[PDB]
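Notes to accompany the following structure.
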Amino acid sequence: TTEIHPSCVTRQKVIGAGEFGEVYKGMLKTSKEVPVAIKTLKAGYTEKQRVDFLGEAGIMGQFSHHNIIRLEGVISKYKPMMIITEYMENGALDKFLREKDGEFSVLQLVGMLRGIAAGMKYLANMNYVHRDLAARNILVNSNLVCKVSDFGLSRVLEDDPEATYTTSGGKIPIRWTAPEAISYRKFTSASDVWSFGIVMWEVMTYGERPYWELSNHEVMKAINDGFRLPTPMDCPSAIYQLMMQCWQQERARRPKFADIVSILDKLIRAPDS
Ligand SMILES: CN1CCN(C2CCN(C(=O)Nc3cc(Oc4ccc(NC(=O)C5(C(=O)Nc6ccc(F)cc6)CC5)c(F)c4)ccn3)CC2)CC1
């Protein structure tokens with residue numbers, strides 16, 4: 001990661017805040033200034049927290065792709081510590097699609113899915129398994145470009161610092177996670193492809209919550225009994241068929257992300273479907 005000089009960074013507007021810290025909109029001088037998001041580490045912290053905060057930035061900094069959020073740099077030597085990323089004017093996809101209910105064409109929605117799939121193909125080619133692929137972790141810019149991110153919603157601290165038992169390795173998003181990853185913690189790019197099919201269903205419902213009528217255990221039983229998410233209204237058959245292939249029980253049968261990009265490219269270049 002690049003260390004950013006604090007003089008080059010300006011915070012202008014608060015986007016959100018929690019016990020983790022805060023997120024700001026601001027400007028960065030690379031030398032004209034560019035808009036950025038600025039994630040801060042809350043005071044005070046623990047040396048695992050600070051190393052984990054910086055270590056997550058190190059992971060993000062390894063990637064360079066149009067459909068992966070870009071790391072501009074970090075401030076680690078001064079307080080508050082900061083992760084400084086590319087700015088995404090439309091925020092998280094799930095919220096964006098609920099705000100824009102019914103307002104996009106099918107070709108526009110499929111273009112979003114292609115962008116997500118192209119980001120995931122890059123990650124797969126880097127041997128990176130995301131494990132939390134969901135519309136809430138897809139960011140959207142003004143041009144409607146969709147980019148993969150992982151703010152770390154799965155890794156927030158909710159464990160007492162003195163608890164005998166703690167969560168380790170993060171919590172699991174059951175509604176987005178492939179069955180073999182829930183059962184054996186077998187996380188692979190193939191289990192990310194299952195999650196991608198769930199993202200496809202989020203997009204085509206303009207942000208419905210998957211299995212929303214069902215408790216987390218109600219979801220797991222429904223799945224192993226063979227239930228799959230239903231065909232959204234106005235979802236083309238070819239898109240729903242792609243979803244079902246991502247949700248194949250045997251992971252060796254799911255498409256690879258490279259295949260998903262190609263399938264979506266061909267559809268975009270020739271509707272029908
Ligand atoms: C519709 N309008 C609503 C109000 N308003 C807002 C909406 C909310 N907005 C917003 O949230 N913008 C935004 C926030 C941002 O906050 C983040 C800050 C940091 C992160 N990511 C990270 O911290 C990490 C990460 O993403 N790692 C990572 C990345 C990619 C991978 F493949 C794996 C790990 C952990 C290092 C992140 F995913 C998001 C980033 C960029 N843009 C934009 C303006 C205008 C739009």
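In this chain, residues are counted from 1 in sequence order. All values below were derived from every heavy atom in this structure, side-chain atoms included, with hydrogens, water molecules and symmetry-related copies excluded. Recorded method is X-ray crystallography, 1.8 Å. Counting starts at 1 for both ligands and their atoms, following the listed order.
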Inset, instruction - Please tell me which drug sits at ligand 1. - result: golvatinib
Legend entry - Name in UniProt of chain in most contact with golvatinib (ligand 1): Ephrin type-A receptor 2
Inset, instruction - Write out the binding site of golvatinib (ligand 1) as chain and residue number, heavy atoms closer than 4.0 Å. - result: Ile15, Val23, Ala37, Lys39, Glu56, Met60, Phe63, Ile68, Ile69, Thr85, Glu86, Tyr87, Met88, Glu89, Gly91, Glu99, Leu123, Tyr128, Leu139, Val148, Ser149, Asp150, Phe151
Legend entry - Which residue and heavy atom of the protein sit nearest atom 24 (C) of golvatinib (ligand 1), plus the separation: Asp150 O, 3.3 Å
Legend entry - Short N or O distance, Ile69 and golvatinib (ligand 1), threshold 3.5 Å exclusive: no
Inset, instruction - Identify which UniProt domain of chain A contributes most contacts to golvatinib (ligand 1). - result: Protein kinase
Inset, instruction - Can you pull out the closest protein heavy atom to atom 40 (C) of golvatinib (ligand 1)? Residue, atom name and distance to 0.1 Å, please. - result: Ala37 CB, 3.2 Å
Inset, instruction - List the UniProt active-site residue of chain A that sits nearest golvatinib (ligand 1), with the heavy-atom separation to 1 Å. - result: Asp132, 9 Å
Legend entry - Heavy atom of protein closer than 4.0 angstrom to atom 10 (C) of golvatinib (ligand 1): yes
Legend entry - Top protein contact for atom 21 (N) of golvatinib (ligand 1), by heavy-atom distance: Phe151 CA, 3.8 Å
Inset, instruction - Return a yes/no value for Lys39: is any of its N or O atoms, backbone included, closer than 3.5 angstrom to an N or O of golvatinib (ligand 1)? - result: yes
Legend entry - Nearest protein heavy atom with distance in Å, relative to atom 41 (C) of golvatinib (ligand 1): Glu86 O, 3.3 Å
Legend entry - Min N/O separation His130 to golvatinib (ligand 1) under 3.5 Å: no
Inset, instruction - Kindly state if atom 3 (C) of golvatinib (ligand 1) has a protein heavy atom within a strict 4.0 Å cut-off, that is, under 4.0 Å? - result: no
Legend entry - Residues of chain A binding ATP per UniProt, non-hydrogen atom under 4.0 Å from golvatinib (ligand 1): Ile15, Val23, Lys39
Legend entry - Species of chain A according to the entry: Homo sapiens
Inset, instruction - Using a strict cut-off of 4.0 Å, indicate which atoms of golvatinib (ligand 1) neighbour a heavy atom of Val23. - result: 16 (O)
Inset, instruction - Considering the heavy atoms of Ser149, write down every atom of golvatinib (ligand 1) situated less than 4.0 Å from one of them. - result: 26 (O), 29 (C), 30 (C), 38 (F)
Legend entry - atom 43 (C) of golvatinib (ligand 1): the protein heavy-atom neighbour that sits closest, reported with distance to 0.1 Å: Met88 O, 3.1 Å
